[PDB]
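Record below includes Taxol.
Chain naming is simple here: A for the first sequence line, B for the second, and so on down. Numbers in chain A track the PDB entry; the residues on display, in order, are 9-29, 86-106, 134-437. What you see of chain B is 2-37, 49-439, where the numbers are those given in the PDB entry. Numbers in chain C track the PDB entry; the residues on display, in order, are 2-44, 47-360, 369-437. Numbering, chain D: per the PDB entry, residues 2-44, 47-360, 369-437 in sequence. Whatever order the structure lists them in is the order used to number ligands and atoms, beginning at 1. Portion of entry displayed, and contacts counted within that portion, nowhere else. Looking at the header, which is where the method is noted, we find electron microscopy, 3.9 Å.
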Amino acid sequence: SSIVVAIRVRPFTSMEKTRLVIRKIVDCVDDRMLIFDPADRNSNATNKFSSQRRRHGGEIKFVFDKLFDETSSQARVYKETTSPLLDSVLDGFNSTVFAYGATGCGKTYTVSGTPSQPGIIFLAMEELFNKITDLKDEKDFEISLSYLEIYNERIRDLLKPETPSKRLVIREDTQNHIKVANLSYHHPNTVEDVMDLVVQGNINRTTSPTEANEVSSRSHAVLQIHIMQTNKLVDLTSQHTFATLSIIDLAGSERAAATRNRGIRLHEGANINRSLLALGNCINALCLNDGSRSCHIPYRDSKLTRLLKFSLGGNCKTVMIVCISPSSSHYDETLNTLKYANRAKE
Amino acid sequence: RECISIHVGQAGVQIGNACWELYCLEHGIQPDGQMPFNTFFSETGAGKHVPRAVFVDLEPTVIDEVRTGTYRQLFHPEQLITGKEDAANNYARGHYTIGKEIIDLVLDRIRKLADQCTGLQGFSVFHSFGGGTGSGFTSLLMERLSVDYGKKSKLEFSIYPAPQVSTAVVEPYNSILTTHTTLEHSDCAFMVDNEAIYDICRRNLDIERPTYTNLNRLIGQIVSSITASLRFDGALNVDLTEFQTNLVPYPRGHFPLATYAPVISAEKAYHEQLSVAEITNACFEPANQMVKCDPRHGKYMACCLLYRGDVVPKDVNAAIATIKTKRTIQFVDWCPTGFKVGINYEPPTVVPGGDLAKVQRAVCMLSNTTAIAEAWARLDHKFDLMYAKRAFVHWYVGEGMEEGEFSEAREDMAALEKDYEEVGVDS
Amino acid sequence: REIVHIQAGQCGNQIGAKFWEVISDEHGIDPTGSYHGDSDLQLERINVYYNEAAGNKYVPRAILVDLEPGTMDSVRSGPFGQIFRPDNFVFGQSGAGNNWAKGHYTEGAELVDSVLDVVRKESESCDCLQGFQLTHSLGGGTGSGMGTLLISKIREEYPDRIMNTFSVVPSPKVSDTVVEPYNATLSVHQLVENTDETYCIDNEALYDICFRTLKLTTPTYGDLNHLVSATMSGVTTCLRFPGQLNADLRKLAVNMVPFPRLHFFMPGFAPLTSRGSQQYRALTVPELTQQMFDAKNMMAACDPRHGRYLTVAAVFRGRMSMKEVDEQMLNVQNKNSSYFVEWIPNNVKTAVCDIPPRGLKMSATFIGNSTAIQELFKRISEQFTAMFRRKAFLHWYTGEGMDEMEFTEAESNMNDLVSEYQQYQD
Amino acid sequence: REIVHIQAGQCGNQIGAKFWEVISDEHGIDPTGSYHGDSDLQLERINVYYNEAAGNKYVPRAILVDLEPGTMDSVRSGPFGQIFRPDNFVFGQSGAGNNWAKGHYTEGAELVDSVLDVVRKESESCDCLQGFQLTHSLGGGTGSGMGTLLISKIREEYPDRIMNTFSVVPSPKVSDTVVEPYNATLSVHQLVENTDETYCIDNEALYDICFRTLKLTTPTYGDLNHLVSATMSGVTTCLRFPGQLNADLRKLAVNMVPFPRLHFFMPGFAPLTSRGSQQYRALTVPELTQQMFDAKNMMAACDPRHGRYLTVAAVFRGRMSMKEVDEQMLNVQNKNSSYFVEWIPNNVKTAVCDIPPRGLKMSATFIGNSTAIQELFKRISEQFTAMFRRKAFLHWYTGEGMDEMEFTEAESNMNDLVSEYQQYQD
Ligand SMILES: CC(=O)O[C@H]1C(=O)[C@@]2(C)[C@H]([C@H](OC(=O)c3ccccc3)[C@]3(O)C[C@H](OC(=O)[C@H](O)[C@@H](NC(=O)c4ccccc4)c4ccccc4)C(C)=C1C3(C)C)[C@]1(OC(C)=O)CO[C@@H]1C[C@@H]2O
Ligand SMILES: CC(=O)O[C@H]1C(=O)[C@@]2(C)[C@H]([C@H](OC(=O)c3ccccc3)[C@]3(O)C[C@H](OC(=O)[C@H](O)[C@@H](NC(=O)c4ccccc4)c4ccccc4)C(C)=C1C3(C)C)[C@]1(OC(C)=O)CO[C@@H]1C[C@@H]2O
Ligand SMILES: Nc1nc2c(ncn2[C@@H]2O[C@H](COP(=O)(O)OP(=O)(O)OP(=O)(O)O)[C@@H](O)[C@H]2O)c(=O)[nH]1
Ligand SMILES: Nc1ncnc2c1ncn2[C@@H]1O[C@H](COP(=O)(O)OP(=O)(O)NP(=O)(O)O)[C@@H](O)[C@H]1O
Ligand SMILES: Nc1nc2c(ncn2[C@@H]2O[C@H](COP(=O)(O)OP(=O)(O)O)[C@@H](O)[C@H]2O)c(=O)[nH]1
Ligand SMILES: Nc1nc2c(ncn2[C@@H]2O[C@H](COP(=O)(O)OP(=O)(O)O)[C@@H](O)[C@H]2O)c(=O)[nH]1
Ligand SMILES: [Mg+2]
Ligand SMILES: [Mg+2]
C-alpha cells in the first residue's frame, strides 16, 4: 500500500578533505532524521542580531521512513528496505526499486560499485538465488529478465541495441502483466552472467562526454525480474500466480543550466527532466490520491510511467532511494531533491 | 553624474520609446540625435548626441519597429541587440537557453558604455514580469551586471502583473521567479500596474479608450521627474543614492511607489487652478497610486516628494505640515519623519500629441509603504493555485528549471511580505 | 523566422490552397508570385511563408503531399499552379482509398523519403526554422495516414521544433466513409504522442456556422475551407507584422497547454455576419467577444458549454484600446465563472496586432482549450468500438500487416485522453 | 439609459410598426436609419431606442416575435425592412391559431430561447437597461401566449427592471374569436403577477374615438394603431428630451400604483380633432385638459365615470405655464371631487416636457388609474364563465396539456383583481 522513502550518501573524499575551509550541509542526527546544515553564521555579511532571514539562519528538518548515511553498509541498507520488496513480489503482487540524484551522485556506483562489493542488483540476485535453491524443492522456478534503457524518450534494448526502438512497445495487462514487444529477454542462470549482462547494458547506455562525470550514464534504465513459479503438487487450488520486480534507474540531472549546456545536451537534459517530472507527477498524484478516494494518475506523461503503470500505483509496495551529497557545491541540488523525496513521502 | 538605460522584451522597449522621446523634447534633441544632457546622451562632435541605452529583444520585432520607425537615426545600431527565437513567456528560457546566447554581447555593449561614461551613477532597467524575455532575461542580466558593477546603483522599473487583469496566464510563475533576483541584486525597484494606470486615464485624463501609448507616456513622465529632473539643476538636487539614503531604512524594502499628481485633461487645465498644496494633497489620495494598492490600510515608511517648475519651499513645507496634521494616513511609529523634498526650477515636460495638459508645476512621489506588500499575497494565491496543479510546469522543466526553485522563489517572496508586516507592527 | 507548411490529402490540399490564396492576398502577392502590395510590413515577414526567388518571385514555403494524382493536377491547373514550386509536388502510386494502413504503414511509407528530401531542402533555405504546420483530414486515409507518418518522421529530424496541425475531425452527421473511426483512431494514437498543438475542426460545425451566421444558400467545401483558412492565418498572423502584444506558436503553447498532453484546441473567428447584416454591425471589441465566446461560432462540433475552459487565447486584429479589450476579458470570465476552470487565475491569454484583415476595420480569432472536446473523442470511440467488436472492415488493415493489438492499444490510449480531460473537469 | 421594445403577435407587430414610424419621425430618422433631423436634442437620448451602428445607422432596440411567418414578411417588405435588424426577426413554426396554450405552454415555449438570446444581446449593447416594453393583444393566442411567456422569462432575468406592456383588450362589440375570454383569462392570470405596469386599450373605444372626434369615414387598423402609438410615445417621451418636470416609467409607477397589484391603466391623448375642425381649436392648456378628462376620449372601453380615480398622470408637451397647468389640475379635481378618490390628496401627477409633437404647438397624454376598469374584467369573466360552465372549446387546450384547474384558478384570481378595485371604490 503505502510507499517507503529511504536515503543515503556517497562519501567525502580527499577532494573534500583538502577543502578544510567549508561547512557541511548534510548532517544525519538520527535514524530517519536529517538536519540540513548549517544555517547562517557567515563572515561574508552581518547576521549579529535577531534573525529576519527566511531560512538562512535556521536548519531544515527532513524526516523519512528509513534515512541512512555513509556509516550504514549497503548490505544492510538494501536488504533492510528491499528484502521485503522481494518477498512482496511473492505475496501475490509485484514490486519495484527506485533511485534519485544529480549527475555524479553515486548511481551506477550504488547499484553495484567497484567490482568487489555488494549493491542493488548483486544483492537482489544473491538473496533471491539463495531463496531459489532453498525453495527449489518446494516450487518450480521459471524466472526471466527484462532489460530496458530510456534515452531521448526512446526505449532501447539495453543488451541488443541492434534492434530498432520501434520494436519496443510498453503495454500492461488488466492482470498487471508486463507487455513489452520484441526484446532480448534472458534468464538468471547465475549472478555472474546476470551482472555480465548488466555491464553489457551499462556499456550500451548512451552517455555524456562533457562533465567530470564523463562516464556519466546520462540515461534511464529498468531491469525487471519476472517470476513465474509453479506448483509441484496437484490439488484443488493448484494455480500458482506470477509477479515481477522492477529495478528503476535514472539518467541523473545537473543544475537547470550548465556552463556548456548546448545542442544535444539541452535536448537530452530536457528529456531527462521531463521524465523526472513525469515520475514526480505520478508519485505525487498516487500518494495524494491514496489520501483521497479517486486515483487519476498521469501515466502517459512518460514511457517510464507507462512502464511503471502498475509497478508504481497498483496494490503493491516500493522503496524510494535518494542519493545525497554533503557538499555545499550541491547545496541547491541536494536540498531540492531532499524536498522532492519528502513531497513523495507525503 | 551619468547613467545607463536598459530595455528588454517588448514592454521595456515601448516604455523606452516614451522615455527617450521625453528626453529629446527636454533637450531639444532631434530624431537623428542632432541638438539645435550628457547623462543621457553621449556627446557627439557632429552634434548628434546618442542615447546611453541598451535594447534587448530575443525577437527583433519591436526593435525592428524602432529600426524602421522614428529615432532609428537617434539610437546607435550597436545598441539594438536582438535574438532570433523569442523566450515566449518563459522565465527559464529567457534566463537560460535563449537569453544566455546574447548576454555576452549585452554585457560587452554595457562595458563599452561604462568605459565611455566617466561619473557613472547607476542603471535604469525597464522590464515586465509577464514575458520571459523581460522577466527571465532581466534576471540573468541583473546578476551579471551586479557582479561587474557592485558599486553602481541599479534601478528597476517593472510592470507589475496586475491583480485584476493580465494578458498571459503563466505570469505568476515568471513574476515569482523574478522576485528573488530583484530583491537580491537591485538597489531600488518600482512596481507599476497597467490597470491602475488605465483607471487613472479614465478618472483624471477622462479617457474612455486608453492604450499602451498614453500609458507608457505617463510612466516615462514619472521617470523624467525622478532622474532627468535632477540633471537640470534645481533648488534641491537630491541624488539617486540620496533617494536611497532616505527612502530605504533596511537592507531590503526596495519597493517605492511612484505617483504623479498633476494628471490633468486639457479641459481641466482651464478650469482647474492647481498649486503646491493642491497637487501635493492629490498624491496622497488612494487613486493616483499607479498600482492596485490602498495606502490607508498600511503605513508610510518613507516619502520623497519631487517638485518641478513654479514651486517654493515654504508652501511645500506647509503642505507637508498639513498632511501630518491630517493624520488620516498612518506612518511608521518608529520613523519620526518620512518626508523628503526635491525641487527643480525647470517646468514639467509636455508631449506634443499627448494628453497630459501643460502645467506650471509638478509633483512626483516616491513612497515606501507596508500597504503594497498586500499585492504580493494576491500573486501568491495565483501562484499557489497553478503551482498546486503544476499547470504549465513542463514548460519550465523542459528548460530544466528545478521544481524546488519555484518553492524557493515563493519562500523569498513570503520573507519579503513578512518583513513589511514586522515594520508596521514593531515599535 | 520561417515556418514550413505541409499539406496532406485532398482535404488538406483544398484547405491549404484556400489558405495560400488568403495569405498571398494578405501580403500583396499576385498569381505570378510578384509583390504588388501597398504596405511595407507585408515584406517585413514575407520570409515566414515565402522563398524569395530571383526576380522577386515569392514561393510558398510549402510541401504538397498526396497519393492520388489528379488532385495534385487540379492544384497545378488552379490559379496557384504559377505559385507553388514544381518540386514540392509529391505524389506517386494511387491513393489509400480510406485505408490508413496504406497511407501510413505501407504504400505511403514507400514515398516518405521523397517528402523528407524536400523538407530538408526547405529547411536549409531558412534562416531560422520555427516549426511545421500540417493540414489534413482525420479519417481520409492518406491525409490521416501520411499525416501521422510524416509527423513522426519530421519530429525525429526536428524534435525541438513546433509541430502544429489543423485536423478535420469526423463529424457526427457529416460523413463519406464507414471506416472514419478506424482511420481517426489509428491516426490520433500517433498524433498525440508526436504533436505540440492540434486544432479540431468539424465540417458539421462549419456547415452550421456558414448558414446560421453567414446565411449561405449553397455552402460548398470552398466556403468551409475558407472559414478554416481565416483561423489558420490568425494563428500565425501575429508573427508577420507589428502589434501591441505579440504572439507565437510557442507563446500560445506556453499559455495554452497546462498539461503536456491536452493540446487539442477549438478554433473560432470573429466578425461572422451575412453581407446583408454587415450594415447592422457595431464593429466594437464587446461585439467581437460576444461572437468569440459564442458556442455557436465554434468550429468544433462539440458545444463548449458542456465542459470547461482550461485556457483561452484571444488574438485581436487592428487598432483598439488595450483597456477596452482587458475589460471585456474580465466581463467574460465574470459572466461565466462556472465555465472557466478555476485552477487558472487569468483564464484568457490575449494578443493584439496592429493590422486587421484587409477590408475589415477590426477582427479577431479564438483558440479554446476546453474540456468539452472529450465528447468528440467519446463519440468516435463508440463508433470505433461498435465496429471493432465485430472486427468489421478489419481485413482491409490486416492485409496491410496491421494486427488487432494496434487497434486495442489505440483505443485504450484514446480513452486515456478523454479521461484526462474529464479529470480536469467538474 | 435604454429601453427594450418587444413586439408579440400580428396585432402587436402592426402597432409597433406604426410606433417605430412615429418615433423615428420624431427623432429625425429616415428609412435607411440615417439621422437627418434639425434638432440636437433628437440625438440627446436617441440611444434609448436605437443602437448606433457603424455609419451612424440607428437600429431599433426592439425584438420582433411572431409564430406566423408572413406577418413577419410584411414587416420586412414594409418601409422599415431597412430599419429593423434581421436577427431581431424571430419566427418559426406556424402560429397558435388563437390557442393560448400553443402560444405560451407548448409550441411557443419551444422558441423562447431564440428570443431570450436576442434579449441578452440587446442587454449587453446597453449602458443602462431601464426596462422592457411589450406590445401585444390580449386574446390573440400567440401575442397573448408568447406575451406572458416572455414576460415571465424576462423578469426571471431582470427581476429589478421595469416590465411595461401595452395590451389590446377584448372589446364587448369588436371581436374576431370566440375564445377571446379563454385566451384573455389565461393571459391576465400570469400578466398581473409578473407585470409592473400595463395599459388597457380597446379597439371598440378607438373605433368610437376615431369617428366621434376624428370623423374618419373608414377607420382602419392603421388608424387605430396610430392612436395607440401616440400614447405609447407619450409614456416615455419625457425620457428623450428636456422638460420643466421630468418623468419616467419608474416615476409613473411610483405615483400611479398605490396598491402593488392595481397597475392597470387607461390611456388617452390630447388634441383629438378632425382636420376641418382644427381651425376652431384654441390650443390652450384648459382646452387640452377638457379633452384629457373627457370620458369619451379614453382608449379603454369602460367609461371612467362609473368608477373613481385612484391616481392620474397628466404629461404635457411643449412650452406652457406651470401655473396655468396647476390651475387646471385644481379646477378638475374641484369640478369632480366625487370622481377622484378622496384617500389621495393630490390625485393628479403632472409632468411637462419642453417639446411638443412635431407639427403640434402643444399636446399631452393621459394615464388614468381608475376603479372603473374592473367592469371590463367583469364582462370578460362573465363570457369566460358562460363558456367554461360547458367546458366549451376546452379540448383545444386539453390537447396541449392544459387542465381545468388552471382555468378555475385563473378566474378565481381574476375575481380577486376586480374585488380589489371594488374595495377601493365607493
Ligand atoms: C464590402 C465588405 O466589407 O465586404 C466584406 C463582407 O461583406 C463580410 C460579410 C466578409 C465576407 O466573407 C464571406 O462572405 C465568407 C465567405 C466564405 C467563408 C467565410 C466567409 C467577404 O467575402 C470576405 C472579406 O474578408 C477580407 O477581405 C479579409 O481580409 C479576409 N479575406 C478572405 O477571407 C479572402 C477572401 C477571398 C480571397 C482572399 C482572401 C481574411 C480574414 C482573416 C484572415 C485573412 C484574410 C470581407 C471583409 C468582405 C467580403 C469580400 C464580402 C465576412 O468574412 C470575413 C472572413 O471577413 C463574413 O462575415 C465577415 C464580415 C464581413 O463584413
Ligand atoms: C396641418 C396640420 O397641422 O395637420 C395636423 C392635423 O390636422 C391634426 C388634425 C392631427 C392629424 O392626425 C390624424 O388625423 C390622426 C390619424 C390617425 C390616428 C390618429 C390621428 C395628423 O395626421 C397628425 C400630425 O401629428 C404630428 O405631426 C405629431 O407629431 C404626431 N405624429 C404622428 O402621429 C405621425 C403621423 C404620420 C407619420 C409619423 C408620425 C405625434 C403625436 C404624438 C407623439 C408623436 C407623434 C398633425 C399635427 C397633423 C396631421 C399631419 C394632419 C391630429 O392627431 C395628432 C396625433 O396630432 C388628429 O387630431 C390631431 C390635431 C391635429 O391638428
Ligand atoms: N506598461 C506596459 N506594459 C506592457 C506593454 N507592452 C506589454 N506590456 C506588458 O508586458 C507583458 C509581457 O511583457 P514582455 O516581456 O514585454 O513580453 P515580450 O516582449 O513579448 O517578451 P516575451 O513575451 O517573453 O516574448 C504583457 O503581458 C503586458 O501586460 C507596454 O507597452 N506598456
Ligand atoms: N559511495 C561512494 N564511494 C566512493 N566513490 C563513489 C561513491 N559514490 C560515487 N562514487 C564515485 O563517483 C564516480 C561516480 O559517479 P556515479 O558514477 O556515482 O555518478 P552517476 O550518478 O552514475 N552520474 P550520472 O550517470 O551522470 O547520473 C564513480 O567513479 C564512483 O566511484
Ligand atoms: N474541410 C474539408 N473536408 C473535406 C473536404 N473534402 C473532403 N473532406 C473530408 O476529408 C475526408 C477525405 O479525406 P481525403 O483528403 O480524400 O483523404 P484521402 O481520400 O485518403 O486522399 C472526407 O471524409 C471529408 O470529410 C474539403 O474540401 N474540406
Ligand atoms: N389594435 C389592433 N388590434 C388588432 C389588430 N389586428 C388584430 N387585432 C386584434 O388582435 C387579435 C388577434 O391577435 P393576433 O396578433 O392575430 O394573435 P395571433 O393570431 O395568435 O398571432 C384580434 O382578435 C384583434 O382584436 C390591429 O391592427 N390593431
Ligand atoms: Mg551513471
Ligand atoms: Mg517577447
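Within the model, the positions assigned to Taxol, copies included, correspond to ligands 1 and 2.
In this entry, more contacts with Taxol (ligand 1) come from one chain than from any other, and UniProt calls that chain Tubulin beta chain.
Within the structure, the other chains placing a heavy atom under 4.0 Å from Taxol (ligand 1) are, by letter, C.
The PDB lists the organism for chain C as Sus scrofa.
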